[PDB]
Participant: 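Please read through the structure below; I'll follow up with questions.
Every chain is numbered from 1, with letters handed out A, B, ... down the list of sequences. We show just part of the entry here, counting contacts only within that part. We count ligands from 1, going down the list as the structure has it; atoms in each ligand are counted the same way. Basis for what follows: all heavy atoms, side chains included, without hydrogens, waters or symmetry-related copies.
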Amino acid sequence: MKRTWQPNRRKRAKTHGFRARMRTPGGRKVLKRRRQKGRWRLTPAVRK
Amino acid sequence: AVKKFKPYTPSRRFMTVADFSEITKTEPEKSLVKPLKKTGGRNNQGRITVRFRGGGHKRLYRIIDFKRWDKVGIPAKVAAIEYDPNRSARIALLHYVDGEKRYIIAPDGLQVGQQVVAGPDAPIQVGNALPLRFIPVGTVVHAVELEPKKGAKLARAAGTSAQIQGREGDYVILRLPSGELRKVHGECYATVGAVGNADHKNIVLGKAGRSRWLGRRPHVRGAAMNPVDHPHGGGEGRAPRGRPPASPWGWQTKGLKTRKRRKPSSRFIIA
RNA sequence: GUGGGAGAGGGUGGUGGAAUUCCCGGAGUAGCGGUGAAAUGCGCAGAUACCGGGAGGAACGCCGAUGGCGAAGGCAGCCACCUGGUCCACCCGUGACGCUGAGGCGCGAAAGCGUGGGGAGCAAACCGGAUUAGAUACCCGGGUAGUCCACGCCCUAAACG
RNA sequence: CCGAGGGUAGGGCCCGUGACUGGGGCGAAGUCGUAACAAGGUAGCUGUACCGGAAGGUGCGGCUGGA
RNA sequence: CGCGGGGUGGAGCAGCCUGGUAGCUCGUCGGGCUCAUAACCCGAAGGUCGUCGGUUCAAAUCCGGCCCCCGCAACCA
RNA sequence: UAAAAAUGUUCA
RNA sequence: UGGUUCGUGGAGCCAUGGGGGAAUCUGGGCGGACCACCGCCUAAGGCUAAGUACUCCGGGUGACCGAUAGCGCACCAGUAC
RNA sequence: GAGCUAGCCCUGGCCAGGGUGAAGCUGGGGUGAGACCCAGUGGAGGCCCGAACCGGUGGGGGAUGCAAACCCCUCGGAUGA
RNA sequence: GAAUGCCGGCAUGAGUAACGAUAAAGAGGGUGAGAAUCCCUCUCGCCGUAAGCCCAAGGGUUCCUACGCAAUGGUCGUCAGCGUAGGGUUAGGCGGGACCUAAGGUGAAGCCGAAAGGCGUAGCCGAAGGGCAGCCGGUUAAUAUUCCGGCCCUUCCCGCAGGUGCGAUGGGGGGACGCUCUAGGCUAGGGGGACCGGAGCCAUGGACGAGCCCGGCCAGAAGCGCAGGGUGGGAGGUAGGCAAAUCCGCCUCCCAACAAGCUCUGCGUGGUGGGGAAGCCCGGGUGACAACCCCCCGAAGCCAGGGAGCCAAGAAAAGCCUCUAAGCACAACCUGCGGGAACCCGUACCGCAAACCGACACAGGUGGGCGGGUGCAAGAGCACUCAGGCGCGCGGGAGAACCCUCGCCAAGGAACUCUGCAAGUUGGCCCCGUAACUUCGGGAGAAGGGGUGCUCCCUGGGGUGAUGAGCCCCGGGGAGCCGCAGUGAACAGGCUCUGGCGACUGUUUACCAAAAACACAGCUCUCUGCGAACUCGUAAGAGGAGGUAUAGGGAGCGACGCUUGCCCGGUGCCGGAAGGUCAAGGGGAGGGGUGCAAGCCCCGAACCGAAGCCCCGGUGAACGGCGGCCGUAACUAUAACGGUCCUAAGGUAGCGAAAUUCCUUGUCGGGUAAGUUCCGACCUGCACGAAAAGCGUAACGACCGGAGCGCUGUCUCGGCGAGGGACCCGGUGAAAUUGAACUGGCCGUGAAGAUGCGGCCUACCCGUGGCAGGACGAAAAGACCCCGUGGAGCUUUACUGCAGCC
RNA sequence: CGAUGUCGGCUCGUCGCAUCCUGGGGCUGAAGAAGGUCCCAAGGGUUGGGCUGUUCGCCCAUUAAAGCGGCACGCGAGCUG
Ligand SMILES: NC[C@@H]1O[C@H](O[C@H]2[C@@H](O)[C@H](O[C@@H]3[C@@H](O)[C@H](N)C[C@H](N)[C@H]3O[C@H]3O[C@H](CO)[C@@H](O)[C@H](O)[C@H]3N)O[C@@H]2CO)[C@H](N)[C@@H](O)[C@@H]1O
Ligand SMILES: [Mg+2]
Ligand SMILES: [Mg+2]
Ligand SMILES: [Mg+2]
Ligand SMILES: [Mg+2]
Ligand SMILES: [Mg+2]
Ligand SMILES: [Mg+2]
Ligand SMILES: [Mg+2]
Ligand SMILES: [Mg+2]
Ligand SMILES: [Mg+2]
Ligand SMILES: [Mg+2]
Ligand SMILES: [Mg+2]
Ligand SMILES: [Mg+2]
Ligand SMILES: [Mg+2]
Ligand SMILES: [Mg+2]
Ligand SMILES: [Mg+2]
Ligand SMILES: [Mg+2]
Ligand SMILES: [Mg+2]
Ligand SMILES: [Mg+2]
Ligand SMILES: [Mg+2]
Ligand SMILES: [Mg+2]
Ligand SMILES: [Mg+2]
Ligand SMILES: [Mg+2]
Ligand SMILES: [Mg+2]
Ligand SMILES: [Mg+2]
Ligand SMILES: [Mg+2]
Ligand SMILES: [Mg+2]
Ligand SMILES: [Mg+2]
Ligand SMILES: [Mg+2]
Ligand SMILES: [Mg+2]
Ligand SMILES: [Mg+2]
Ligand SMILES: [Mg+2]
Ligand SMILES: [Mg+2]
Ligand SMILES: [Mg+2]
Ligand SMILES: [Mg+2]
Ligand SMILES: [Mg+2]
Ligand SMILES: [Mg+2]
Ligand SMILES: [Mg+2]
Ligand SMILES: [Mg+2]
Ligand SMILES: [Mg+2]
Ligand SMILES: [Mg+2]
Ligand SMILES: [Mg+2]
Ligand SMILES: [Mg+2]
Ligand SMILES: [Mg+2]
Ligand SMILES: [Mg+2]
Ligand SMILES: [Mg+2]
Ligand SMILES: [Mg+2]
Ligand SMILES: [Mg+2]
Ligand SMILES: [Mg+2]
Ligand SMILES: [Mg+2]
Ligand SMILES: [Mg+2]
Ligand SMILES: [Mg+2]
Ligand SMILES: [Mg+2]
Ligand SMILES: [Mg+2]
Ligand SMILES: [Mg+2]
Ligand SMILES: [Mg+2]
Ligand SMILES: [Mg+2]
Ligand SMILES: [Mg+2]
Ligand SMILES: [Mg+2]
Ligand SMILES: [Mg+2]
Ligand SMILES: [Mg+2]
Ligand SMILES: [Mg+2]
Ligand SMILES: [Mg+2]
Ligand SMILES: [Mg+2]
Ligand SMILES: [Mg+2]
Ligand SMILES: [Mg+2]
Ligand SMILES: [Mg+2]
Ligand SMILES: [Mg+2]
Ligand SMILES: [Mg+2]
Ligand SMILES: [Mg+2]
Ligand SMILES: [Mg+2]
Ligand SMILES: [Mg+2]
Ligand SMILES: [Mg+2]
Ligand SMILES: [Mg+2]
Ligand SMILES: [Mg+2]
Ligand SMILES: [Mg+2]
Ligand SMILES: [Mg+2]
Ligand SMILES: [Mg+2]
Ligand SMILES: [Mg+2]
Ligand SMILES: [Mg+2]
Ligand SMILES: [Mg+2]
Ligand SMILES: [Mg+2]
Ligand SMILES: [Mg+2]
Ligand SMILES: [Mg+2]
Ligand SMILES: [Mg+2]
Ligand SMILES: [Mg+2]
Ligand SMILES: [Mg+2]
Ligand SMILES: [Mg+2]
Ligand SMILES: [Mg+2]
Ligand SMILES: [Mg+2]
Ligand SMILES: [Mg+2]
Ligand SMILES: [Mg+2]
Ligand SMILES: [Mg+2]
Ligand SMILES: [Mg+2]
Ligand SMILES: [Mg+2]
Ligand SMILES: [Mg+2]
Ligand SMILES: [Mg+2]
Ligand SMILES: [Mg+2]
Ligand SMILES: [Mg+2]
Ligand SMILES: [Mg+2]
Ligand SMILES: [Mg+2]
Ligand SMILES: [Mg+2]
Ligand SMILES: [Mg+2]
Ligand SMILES: [Mg+2]
Ligand SMILES: [Mg+2]
Ligand SMILES: [Mg+2]
Ligand SMILES: [Mg+2]
Ligand SMILES: [Mg+2]
Ligand SMILES: [Mg+2]
Ligand SMILES: [Mg+2]
Ligand SMILES: [Mg+2]
Ligand SMILES: [Mg+2]
Ligand SMILES: [Mg+2]
Ligand SMILES: [Mg+2]
Ligand SMILES: [Mg+2]
Ligand SMILES: [Mg+2]
Ligand SMILES: [Mg+2]
Ligand SMILES: [Mg+2]
Ligand SMILES: [Mg+2]
Ligand SMILES: [Mg+2]
Ligand SMILES: [Mg+2]
Ligand SMILES: [Mg+2]
Ligand SMILES: [Mg+2]
Ligand SMILES: [Mg+2]
Ligand SMILES: [Mg+2]
Ligand SMILES: [Mg+2]
Ligand SMILES: [Mg+2]
Ligand SMILES: [Mg+2]
Ligand SMILES: [Mg+2]
Ligand SMILES: [Mg+2]
Ligand SMILES: [Mg+2]
Ligand SMILES: [Mg+2]
Ligand SMILES: [Mg+2]
Ligand SMILES: [Mg+2]
Ligand SMILES: [Mg+2]
Ligand SMILES: [Mg+2]
Ligand SMILES: [Mg+2]
Ligand SMILES: [Mg+2]
Ligand SMILES: [Mg+2]
Ligand SMILES: [Mg+2]
Ligand SMILES: [Mg+2]
Ligand SMILES: [Mg+2]
Ligand SMILES: [Mg+2]
Ligand SMILES: [Mg+2]
Ligand SMILES: [Mg+2]
Ligand SMILES: [Mg+2]
Ligand SMILES: [Mg+2]
Ligand SMILES: [Mg+2]
Ligand SMILES: [Mg+2]
Ligand SMILES: [Mg+2]
Ligand SMILES: [Mg+2]
Ligand SMILES: [Mg+2]
Ligand SMILES: [Mg+2]
Ligand SMILES: [Mg+2]
Ligand SMILES: [Mg+2]
Ligand SMILES: [Mg+2]
Ligand SMILES: [Mg+2]
Ligand SMILES: [Mg+2]
Ligand SMILES: [Mg+2]
Ligand SMILES: [Mg+2]
Ligand SMILES: [Mg+2]
Ligand SMILES: [Mg+2]
Ligand SMILES: [Mg+2]
Ligand SMILES: [Mg+2]
């Protein structure tokens, strides 16, 4: 049956994007933890 | 007249529709800077701020002239009389002699090929629009401005009208279609006569749907809504309000007077 | 046919004043009201009485008559438009073309019903005050339909000469 | 092939009967008021309308079969 | 079983709360008005205050025991 | 436009 | 109203949203209501090292661990998942 | 976090084939004119049967399942809220 | 050693359950160390609005090829969507971008907010929308309207020639648009042919037969036909297009008009290009220089912005025409013809799925397009079947119980049961023929029936043709034949009577409730005059509304019919410029602390002081509420009548043991052999009752109740049979649970239901198939109950605040 | 209470006796036939329906009779619900 994850690449970049984060002051403050933690991906990986 | 329908299906036995004679001859709207895209969703920025709106026929806006005092003394031949889905009332399409054409809310008796005009100069006959101060006391008029130069805002519903009761100072006194009794500036313009299509009040939607067509979503009593949801809500199975009638926000809904006591508008009114 | 006459005959649109009620302004006091007698009620939060100004509804005094018109029901301020019936004279025109009328169709006071409007006065129901052995009556103070208009029904009556 | 009748099914007319229920007629001396006949002590009657233990009361119009 | 209310002339109710005094309406009895009946008028009689004790000098009245009256509650599994 | 006033068993 | 130990308390002092509203040293503020003496200091402009804090980084010690310990990672982990 | 779910906005798409037979017309009849009654034409409908599609009514299976809601039979709607 | 402790390892159950849809397999060859499982061939079965083709999304090399199989493959594997390696995705005309705007996002200005930030004009961003130039074949192991072949277009720049006042982001036109139903021509697609072209075939009795088998196309500019869509031409004036215009819009008038012409598509034709079966011989050849014609059916597509009707009244901007403005007219556009110029991104492969969403090659979920033939009325339905793809990755046997899915059954026939639950009967089309009731539409497909094959003859209409043959499409009438049977297979209701609730279609608890619940048209009350009320927000602002009382919000009631009574004492709301009360504040009589004083400070009485409360009235489709006791009639009974008490008033109409009645299976009546259910009545209605509506109501209902008829394993009562498991063999191989175990019965005893204590009785050791009584059997540190001065959600005339409003 | 799933039905029963029936027996106000009461005796039997969820009852038609109890008001790792 129609499950929770239903991928859409446009929706992924628009939502957890990078330009996407950087807008919100919370979103900038994500990158910070992420980047300070030493993640290899500050953003969900999804290519066009 | 209102058409009725034979009971070959319920919902459509109680149904009635507008008499559509007074219109015809033109049904496609006068494109010429006359329609506009009409933006159309229930709420404001995020949140619904008028419960129970939505759906309902795609609909286009006719921009209508509500302050006739531009083309003053310019006369104008009424081209036809059409349907506007943004009002209870009919609107007529006139062609001025400038060439310039505008929509106007179409009063009872107004018939195609009438000359018609605005200004003080103007003769007291249907569809002509004068400054109240120049209008003969106790005639019926419609689309009255309230503060002068701020446009028409009174009497515009299907078949409504204000009547004059006489002047007193710079203000004339009108009985509004509500019955109230407002001193109004004489400089307010107002087109003469009653708004007609007054068989409107006579129509029966008939079925659940139809309502939807006009984009009026279903509505639910406070009862059948849990207590968290609403005053009247709750109680083990059907129970007499609770005391006393309230909006789902908390305010008495039988009786409780609402307008601003200390408002300036007060002291021009009387009814 | 011609030429004249009288009439609240009917439908429509407009309009005049008197009076009642309410609103406002003024002035002015202690009672007004109502009854067989009272009380209920109203009023010193300033009523009744008087003056001015405004709204609204309904009905139309005098003329009015024991009068007139209409087939009946019925019809009464004034004006105009549309329209029915009727009498008279002239004796001109048609040539018995007539009377009645089972059905059918039409109209039809009041109350009553439906859809809108309107609502001053009155007033079924209803509340109160009395009266009475009891008053669900008669009398009194209130009062909703209704009474009014448009359209659509009902279509009965001591619709009686 | 018709065909008496039998069967199946659904109708219409009529008669009898039925717990219970509506009003009616009639039966010397039961109870409650007294509406009407003399302005029957609110003139009467009437069509309608609502109401009331009951006769009845009131509204609206009508008659005179009263003044 | 529970909690609370009430037994007062013949009928319906007052009187108990801050003990000494039992009142209203109807009825009933005598007497009037009428020719009579009702109505009305004038007069009067009528109560162990459910009961068994005890508090007080005094108890319808304050206190416990029952007899009937009337109401409310009797829930969760 | 008149005050407050109900009633009278059956049969001859 | 906040600050101070001060939670209205005899409650001043320091700030200050609202109202009123001076003077320039015979001018002003304070010394815990308030006056009187006696003293302290000079408001409504501003700058100013040092001693103080922390340690992503480097160095040295460790009656600190010794791979279920020690940082989540002694091992291409903030990965695979 | 509305890439599931609920609502709304903009923009596109989809609904086989059957079966009833509204109004309007057109003709005839009717009347003073009408109301109106007949056939024929006409395709109305939160109309009916029935896929697709949207649901999930009753029963059975399943219950460390094929599946953290599934399968079989049956059933509601299907130009409309 | 104990924390249902933490991590890791390894046991038990177990060689057990299971190996993922009952669409299905068999054999002969090969390859190999070895294969039911890989390759080939011949049979057989399954899908086919498909389990078949083409896209979009998502995935992301899974595509192709050469080597391989350790692990992944629930068995095997010589195979693979697996490991290693190498190849593979070619565009000016396809999709997206150097075009446009939609919701919405952002956002110069401008407004707002302690900060972070929030609104918002123009503008820009934003698309399966508008705009825009490619069709057909051929090649690769794997790519192509992308390479190539043929035919056909698009833009820019430049040059030449010929024409014109050229000229904007500005003006106007246009783009531009709903639903439903249809006209005519075509086209896609398909069915025939005694015609054309073909390898072959007579095979078992017969047929060389207008026999059987197979195929008889596709694209194509100019020009031309055939269907249509769009479209009046004029000349003057002009107070409008925020007039800058000879453009548009308005008027006034010589002509013309169910037209003609101009113009733009569709389709046919077309120089010519390409394709071209079956079969047979090894994907290729041959079948060939293949044939490539006629007729019939025919669209949901094309001409299309065509027409008609209806209302709930149906996007925007650009390209595209046109008009002028600055400016420039050696400019500049416009029309031909030439040369040149034409980028960035995606092109593999899966794609209803073993390559996407579900941890799994998970019987689930997934948008668009094509979807052949025959028959059944039609159809994307059903049965078989083209093309094309499959046999679903564990098998071989045996045939017990038992389980699932399925078929049949004597006599009966709901006797089963909470309930005919389940299953059965019914079941398509055509024609008869159908009741009460009704709002006249319905109820109706009511019921109850008859027909339903094939053969021959006669006969009526239509479409295509030419009125005439064919070819299809609707009929009517006669005779005759065969069976148990003719919608002989498959897909297609059981019917009725009578209550309850809700009017009706609709909606809901995704995962136990689809309903008498919600919604619904309609009814009433109330608020709101418009910078409306109301809602969201600190505000700005926005919704309401680019609306305006025949309008908007709140509340309840719920089609429709007949109706909706009495009490405002109390609570609420509404109305009362008199009063009582009242906070700051005003006011200061009078008092007090200090100083030698001027003074500086404290308290502080009358009085003047708002809303609110009090008080006065009003208001029920505002919250609410609508009694008791005793007596009475010439038989008894009953009580029209009376008395008295209390209330704010004391339940009217209509219903009534009712979804409401406790006593109750109330008491009669009906139905039944028998009925605590049901229907009809009565009515001491423990606790009906009028818009939390009252009483009714045709039609509706996968709603709840009662009764018939029909038919049946539901049952008396069971039996037989089919397949899929269960059992046996081979292969792979789990689970919860588990103090350890050498884990019998009775009578007892024991913390009160002992295998483990006592007495006694039985009892060789070990398994396999079964059954389920016990191990107070497993599972979830009981949901119930209590406890915790534990926690939440909810309410109000609990307390204290706060938003809001006065 | 780190859970012993509750009424009724169905299926399968088993045991007790204070025996409903059948077999013995003593009294009887036992003439006979029927009965009354008490004693011995469960070996085996101890029906089908209507109503209600019902156990229980009350009815219909029978019968030799239509017994009463225990077994966690026997039995849900057997079913129903
Ligand atoms: N038959 C007359 C109609 O019925 C009624 O009449 C009946 C009754 O009303 C009437 O009853 C009367 C009563 O009215 C009057 N006030 C008292 C009288 N004793 C009664 O009498 C009645 O009952 C008694 C027995 O009790 C019988 O003996 C007597 O015959 C009978 N008439 O007697 C009639 C029966 O016979 C209506 N009242 C009358 O108006 C109507 O027109
Ligand atoms: Mg996308
Ligand atoms: Mg936002
Ligand atoms: Mg609602
Ligand atoms: Mg609820
Ligand atoms: Mg409330
Ligand atoms: Mg609340
Ligand atoms: Mg309730
Ligand atoms: Mg409530
Ligand atoms: Mg006055
Ligand atoms: Mg005349
Ligand atoms: Mg009348
Ligand atoms: Mg009435
Ligand atoms: Mg009326
Ligand atoms: Mg009056
Ligand atoms: Mg008297
Ligand atoms: Mg009166
Ligand atoms: Mg009349
Ligand atoms: Mg008369
Ligand atoms: Mg026969
Ligand atoms: Mg007698
Ligand atoms: Mg009288
Ligand atoms: Mg009398
Ligand atoms: Mg009289
Ligand atoms: Mg008289
Ligand atoms: Mg009368
Ligand atoms: Mg009556
Ligand atoms: Mg009366
Ligand atoms: Mg009268
Ligand atoms: Mg008493
Ligand atoms: Mg007494
Ligand atoms: Mg005494
Ligand atoms: Mg006496
Ligand atoms: Mg309970
Ligand atoms: Mg008497
Ligand atoms: Mg007498
Ligand atoms: Mg006698
Ligand atoms: Mg502080
Ligand atoms: Mg300050
Ligand atoms: Mg100091
Ligand atoms: Mg000091
Ligand atoms: Mg100091
Ligand atoms: Mg500093
Ligand atoms: Mg070491
Ligand atoms: Mg570690
Ligand atoms: Mg080690
Ligand atoms: Mg670690
Ligand atoms: Mg969503
Ligand atoms: Mg005609
Ligand atoms: Mg017709
Ligand atoms: Mg439908
Ligand atoms: Mg349907
Ligand atoms: Mg269906
Ligand atoms: Mg189906
Ligand atoms: Mg749903
Ligand atoms: Mg199940
Ligand atoms: Mg099970
Ligand atoms: Mg279905
Ligand atoms: Mg220990
Ligand atoms: Mg465990
Ligand atoms: Mg472990
Ligand atoms: Mg085992
Ligand atoms: Mg086994
Ligand atoms: Mg097995
Ligand atoms: Mg098969
Ligand atoms: Mg093989
Ligand atoms: Mg097949
Ligand atoms: Mg992709
Ligand atoms: Mg491959
Ligand atoms: Mg290989
Ligand atoms: Mg391997
Ligand atoms: Mg393997
Ligand atoms: Mg590979
Ligand atoms: Mg743009
Ligand atoms: Mg923004
Ligand atoms: Mg696009
Ligand atoms: Mg596009
Ligand atoms: Mg390929
Ligand atoms: Mg090419
Ligand atoms: Mg120029
Ligand atoms: Mg030009
Ligand atoms: Mg433009
Ligand atoms: Mg066509
Ligand atoms: Mg073609
Ligand atoms: Mg062919
Ligand atoms: Mg042939
Ligand atoms: Mg040939
Ligand atoms: Mg042969
Ligand atoms: Mg073709
Ligand atoms: Mg043409
Ligand atoms: Mg022209
Ligand atoms: Mg200009
Ligand atoms: Mg061609
Ligand atoms: Mg070939
Ligand atoms: Mg570039
Ligand atoms: Mg490609
Ligand atoms: Mg491809
Ligand atoms: Mg598909
Ligand atoms: Mg598989
Ligand atoms: Mg799958
Ligand atoms: Mg998968
Ligand atoms: Mg789908
Ligand atoms: Mg087919
Ligand atoms: Mg068919
Ligand atoms: Mg199919
Ligand atoms: Mg398999
Ligand atoms: Mg049988
Ligand atoms: Mg048989
Ligand atoms: Mg039974
Ligand atoms: Mg039974
Ligand atoms: Mg019948
Ligand atoms: Mg019926
Ligand atoms: Mg029926
Ligand atoms: Mg319903
Ligand atoms: Mg429906
Ligand atoms: Mg659910
Ligand atoms: Mg369900
Ligand atoms: Mg449902
Ligand atoms: Mg619901
Ligand atoms: Mg209604
Ligand atoms: Mg707006
Ligand atoms: Mg409104
Ligand atoms: Mg409203
Ligand atoms: Mg309701
Ligand atoms: Mg009240
Ligand atoms: Mg009140
Ligand atoms: Mg009051
Ligand atoms: Mg007030
Ligand atoms: Mg003060
Ligand atoms: Mg005040
Ligand atoms: Mg009484
Ligand atoms: Mg009853
Ligand atoms: Mg009963
Ligand atoms: Mg009750
Ligand atoms: Mg009975
Ligand atoms: Mg009953
Ligand atoms: Mg109720
Ligand atoms: Mg009421
Ligand atoms: Mg109510
Ligand atoms: Mg209701
Ligand atoms: Mg009812
Ligand atoms: Mg439904
Ligand atoms: Mg249902
Ligand atoms: Mg078998
Ligand atoms: Mg094995
Ligand atoms: Mg034991
Ligand atoms: Mg031992
Ligand atoms: Mg032992
Ligand atoms: Mg065993
Ligand atoms: Mg066991
Ligand atoms: Mg077992
Ligand atoms: Mg357990
Ligand atoms: Mg526990
Ligand atoms: Mg609890
Ligand atoms: Mg607590
Ligand atoms: Mg327990
Ligand atoms: Mg345990
Ligand atoms: Mg014995
Ligand atoms: Mg039963
Ligand atoms: Mg037993
Ligand atoms: Mg038990
Ligand atoms: Mg169970
Ligand atoms: Mg058990
Ligand atoms: Mg057990």
Participant: From the contacts in this model, which chain binds ligand 1 most extensively, according to the PDB entry?
Facilitator: 16S rRNA
Participant: Report the name of the drug modeled at ligand 1.
Facilitator: paromomycin
Participant: Heavy atoms under 4.0 Å from paromomycin: which other chains do they belong to?
Facilitator: D
Participant: In the PDB record, where does RNA chain D come from, organism-wise?
Facilitator: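 The deposit lists Thermus thermophilus.
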